[PDB]
Amino acid sequence: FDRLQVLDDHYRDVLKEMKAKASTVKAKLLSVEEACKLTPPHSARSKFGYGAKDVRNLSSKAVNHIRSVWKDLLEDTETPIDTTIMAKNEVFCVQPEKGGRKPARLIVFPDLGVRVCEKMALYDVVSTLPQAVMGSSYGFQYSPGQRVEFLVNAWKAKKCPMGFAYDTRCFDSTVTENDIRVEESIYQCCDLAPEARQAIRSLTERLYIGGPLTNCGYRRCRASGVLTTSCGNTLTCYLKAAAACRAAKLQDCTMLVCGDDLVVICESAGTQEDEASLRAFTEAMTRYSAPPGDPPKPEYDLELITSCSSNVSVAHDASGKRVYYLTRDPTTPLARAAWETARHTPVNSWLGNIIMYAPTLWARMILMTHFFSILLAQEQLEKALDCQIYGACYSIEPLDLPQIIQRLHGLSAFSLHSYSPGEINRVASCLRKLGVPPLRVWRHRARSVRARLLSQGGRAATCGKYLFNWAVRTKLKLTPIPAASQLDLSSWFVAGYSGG
Ligand SMILES: COc1ccc2c(c1)[C@@H]1C[C@]1(C(=O)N1[C@@H]3CC[C@H]1CN(C)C3)Cn1c-2c(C2CCCCC2)c2ccc(C(=O)NS(=O)(=O)N(C)C)cc21
Ligand SMILES: CNC(=O)c1c(-c2ccc(F)cc2)oc2cc(NS(C)(=O)=O)c(OC(C)C)cc12
Ligand SMILES: CCCCCCCCO[C@@H]1O[C@H](CO)[C@@H](O)[C@H](O)[C@H]1O
Ligand SMILES: CCCCCCCCO[C@@H]1O[C@H](CO)[C@@H](O)[C@H](O)[C@H]1O
């Protein structure tokens, strides 16, 4: 029966509350220049004789064509807009050389001109509306450290906490026409410029609801930009879930939403009562056309909930105080890093894993040790690497890792010890399974890596001091690494990542 959507009073009530909050948002219509500057340098070429760089640093051909696309969006409210379907080759896969089928992910996008028009009309709404509507439930406002703080405080707030994760399997292609229209109705509640209001209506009717796809066919999958798709999915999932919490009569809910991924922390009503409540929640979500991947399970320990491939775990700082942090099973991070040891990638998953999971036993002992050893050998500590973290691609120098880690995780990230036996066992058994040397070997290797870094001075010695303080018996004190704004001077006089 594919997608069949049934909307009730709970859904309608939550939508009114969302629209009432949306009404307090005043969003601005970006000029051609403002939108052009937001174009990524490696954004796909237009079929109209220009393509990134030209748009990015303003060009007569690019700007005048994008102004005609804009005029057409304001004047035509129904003609379907075309989208291109392309195969982007896979990174962690054996790629045929001198003939063969190339493993690839498929990407669907409108012409570059349309993409800049979408930014003019929606960038300010997508970057302001979700937080204004969902508040603390909006998952993309948090750093790993702030996210864990939010979760733990929500868990501690309950008399008898219960929590569960709910994941909607492949929604990005299966997005209903209704969901797209409901999203638009929320965006329309903002204080928009009249041209924005029309452009939003045209884009939703001509592009977002569906349209033709070419190098052909017709698509009903998301053709919006990353920021637009993210906003849409999060608002839709929040709407359906907040309504489903009411239908399931869940008490004192705290939700955390990241696109299609969600977590609810509420008050337990007893084992069998909670099991019934979750069945109720799932029935409501399924009726709202958001069925689960795996049926949700009530959890009574925060550590047992897995969401966005991660779970909360405990460690202790140097003073013995409990420190909470996000971790994950290290099999895929290690397997991808093994690949990268043999072959250079444009993603540098190892570096992204060190940044996302810096407090973890496996990122500190294995990934930092192994890659600093390689960088020392190759004399490439200074070389900025392109690193993909979630959406974006960042250029990161390994020498700036202490500063980055402190910003995202806090100073405790460098002093953690007394990790949970279960967490250690997951790491240890994983090393045995993959043929990786045990943790005792990594300590020996890190003492040598730290020594070589210290001898190099500057940022290299700060990497030695902060990142490998776990490897020495006689530990250094470790004070916060000061930001350029704290020092009260320009980033030009501050080595590495300063505050830009
Ligand atoms: C499929 O999933 C995985 C996952 C992990 C590993 C492998 C495969 C690779 C099988 C192993 C291997 O033997 N390798 C050698 C060395 C590194 C890795 C990849 N490389 C292309 C060839 C076993 N093996 C893996 C890693 C990873 C390297 C990146 C950072 C994280 C650890 C190792 C790191 C050091 C040794 C280590 O030092 N082993 S040792 O002491 O027995 N010896 C000196 C080689 C062995 C490793
Ligand atoms: C809705 N779920 C969440 O927001 C997340 C949870 C979580 C895990 C267990 C729970 F019990 C509750 C939440 O863990 C995460 C880890 C990351 N990445 S990271 C490791 O880089 O921080 C994340 O960042 C991206 C997607 C923005 C979002 C979440
Ligand atoms: C160590 C475990 C991870 C695998 C590392 C090997 C990476 C495979 O990489 C492959 O190498 C071939 C030979 O140059 C190329 O022909 C392929 O295009 C490439 O995908
Ligand atoms: C795995 C992450 C679980 C998060 C638990 C947050 C609640 C912490 O709770 C604390 O636990 C301590 C345990 O020794 C007790 O001493 C404290 O009294 C209690 O408030």
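Just so it is clear, chain A uses the PDB entry numbers, and the residues here are 54-268, 274-558, in order. This deposition comes from X-ray crystallography, 2.8 Å. The basis for the numbers below is simple: all heavy atoms, side chains too, and nothing from hydrogens, waters or symmetry mates. We count ligands from 1, going down the list as the structure has it; atoms in each ligand are counted the same way.
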For this session: Answer with one of RAF265, SCIO-469, BMS-791325 for the drug at ligand 1.
Result: BMS-791325
For this session: Write down the name, per UniProt, of the macromolecule bound to BMS-791325 with the most contacts.
Result: RNA-directed RNA polymerase
Exercise. Which residues would you count as binding BMS-791325, with heavy atoms within 4.0 Å?
Worked result: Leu392, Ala393, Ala395, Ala396, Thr399, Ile424, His428, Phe429, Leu492, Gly493, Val494, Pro495, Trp500, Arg503
Exercise. Which organism is on record in the entry as the source of chain A?
Worked result: Hepatitis C virus
